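Structure showing minocycline engaged by 3C-like proteinase nsp5.
We name chains A, B, ... by the order of the sequence lines, and we start the count at 1 in each one. Order of listing sets the numbers, starting from 1, for every ligand and every atom in it. All values below come from the heavy atoms of this structure, side chains included, with hydrogens, waters and symmetry mates left out. According to its header, the structure was obtained by X-ray crystallography, 2.7 Å.
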Amino acid sequence: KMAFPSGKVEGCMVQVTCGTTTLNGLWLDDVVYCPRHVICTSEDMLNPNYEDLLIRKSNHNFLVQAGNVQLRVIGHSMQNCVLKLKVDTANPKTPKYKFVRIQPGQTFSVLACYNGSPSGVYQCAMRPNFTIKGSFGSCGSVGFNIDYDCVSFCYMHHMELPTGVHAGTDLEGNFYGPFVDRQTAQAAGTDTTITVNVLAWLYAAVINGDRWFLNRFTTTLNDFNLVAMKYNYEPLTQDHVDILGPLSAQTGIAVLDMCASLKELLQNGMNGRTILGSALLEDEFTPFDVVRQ
Amino acid sequence: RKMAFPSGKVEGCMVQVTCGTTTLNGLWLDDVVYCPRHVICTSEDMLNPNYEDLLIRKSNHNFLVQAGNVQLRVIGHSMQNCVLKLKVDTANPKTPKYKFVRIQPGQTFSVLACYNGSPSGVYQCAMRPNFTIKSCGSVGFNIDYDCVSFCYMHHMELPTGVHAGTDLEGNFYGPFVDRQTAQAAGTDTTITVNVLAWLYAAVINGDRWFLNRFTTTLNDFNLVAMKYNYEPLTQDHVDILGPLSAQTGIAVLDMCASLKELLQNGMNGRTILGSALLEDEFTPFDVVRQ
Ligand SMILES: CN(C)c1ccc(O)c2c1C[C@H]1C[C@H]3[C@H](N(C)C)C(O)=C(C(N)=O)C(=O)[C@@]3(O)C(O)=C1C2=O
């Protein structure tokens, strides 16, 4: 399980400081994007009023540092939960880019930064409950996909949740899931295994020569869903099925048959064996991921 | 999450090298492009190759080095153990500060998987005890501060699916050869010290269910451990955990007792760091960073 090469994104990372507080920002053309809670002290983070805190601010209140050159801010607005800082210098290392909103289940790479400094990269998925099980002052660290040379920004990190997991926004600043940029207890809501991704990854195993887990049975969709939901798996919809069509077609194994395999693998375990050199099932590998590789 | 280093610094060193039939990735540093020497083998040659003979037979014009857009002029070529070095007329402006280093089995690094000179992906991995890692010319590295330590270059794909390679001075990790003869894996073992470090991570987090009162001596441990296919634990391994022992309090041998138990008893359907399985691709040093 690989992340995209992070270079294009590394050259967009900056440090943003507003008095006491410091976060990562995304520097694109002559705009720096970051989480708006950068204008909160840790105390403010209980019941912040972002309109009020923002009117009280001027361009000189924000320090933006790109390595060790300091960028002059010449304007600022807010869009939902992201702050935008207009700076006087367009970023020379700007890649071609798009902003997208992604579906739960879909995968992306995250560049974890600290104080504007890149420190690591990992692949992950938008969990069914709109969280990310990551490793994070990482706020403002962004998630993305690459399409030849087009960088799709899909995620910016904002909150660390009590249960240890991460919540965030798209690059319009709308939270993924029902969270708020506010430090009150907010329930995660129980996670579930991403069924479609598992099925795709099994198809990957077979594409690759693994057949040990196939079986003679088939199933109806409902019978599967009933069984699966009892091991905490996501319902599988007809859409999910359509997306597997490309992969069903390659290997010549029907979706519902492969669904039978999964049924049984949940029933039986691995028996010390491995699938794609993994003793655990992988659910952070989308239909599209497998198609790409 | 197990994280890779950011690959930017390395991306700016990747090139395509072509010699007749073959094409693969090279590492462009200063005015030298480094790549696996088997790039001068056709699929024929790779059976009983004579690299000395094949190399003298080559001119600078025989090598095509392609750096994204531009073609680089080669002005010299030598070989150092199993990597070829190609002198080009232009120093790479995107050269990072770097070192070439050899790593021990157990140690971790990040890999930038390229295809045809093009970066496509980056992953964390470890030098497995049998000197494998779970394309050709793709490099593995670590970063400290702004220093890139190159530690690995991919050469061979083994029948068992996994990968073998050299350091950047062209010395193979493990007893493999750059020759197309069937080559045995040599059965693996769990990297014991890394497991113990990851347990320390669990405790300095939240998970404490597996702490235990009993203590055990090195030899008794190693005897039990080696019974479930784990690596012998050395006094060196112990020293490196010293850092971690002190943070959390737990003496090394005591933590060893915990592991003893986990192997003998299982987890009882419980989990460690939200995982049912034990992790051995996280060194002492890795856990300290995180
Ligand atoms: C894998 N194992 C041999 C079996 C065999 C038959 C079974 O009927 C079951 C298991 C494993 C366990 C695993 C786990 C599931 N697994 C990790 C996917 C799981 O996530 C949960 C859960 N509530 O989170 C279970 O209830 C669970 O206990 C379960 O429903 C199982 C279960 O019903």
| field | Chain letters with a heavy atom under 4.0 Å from minocycline | value | A
| said: Any idea what organism chain A is from, going by the entry? | reply: Severe acute respiratory syndrome coronavirus 2
| UniProt domain of chain A with the most residues touching minocycline? | Peptidase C30
| said: I'd love to know the binding site of minocycline - heavy atoms within 4.0 Å, chain and number please. | reply: A:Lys230, A:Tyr231, A:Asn232, A:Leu266, A:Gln267
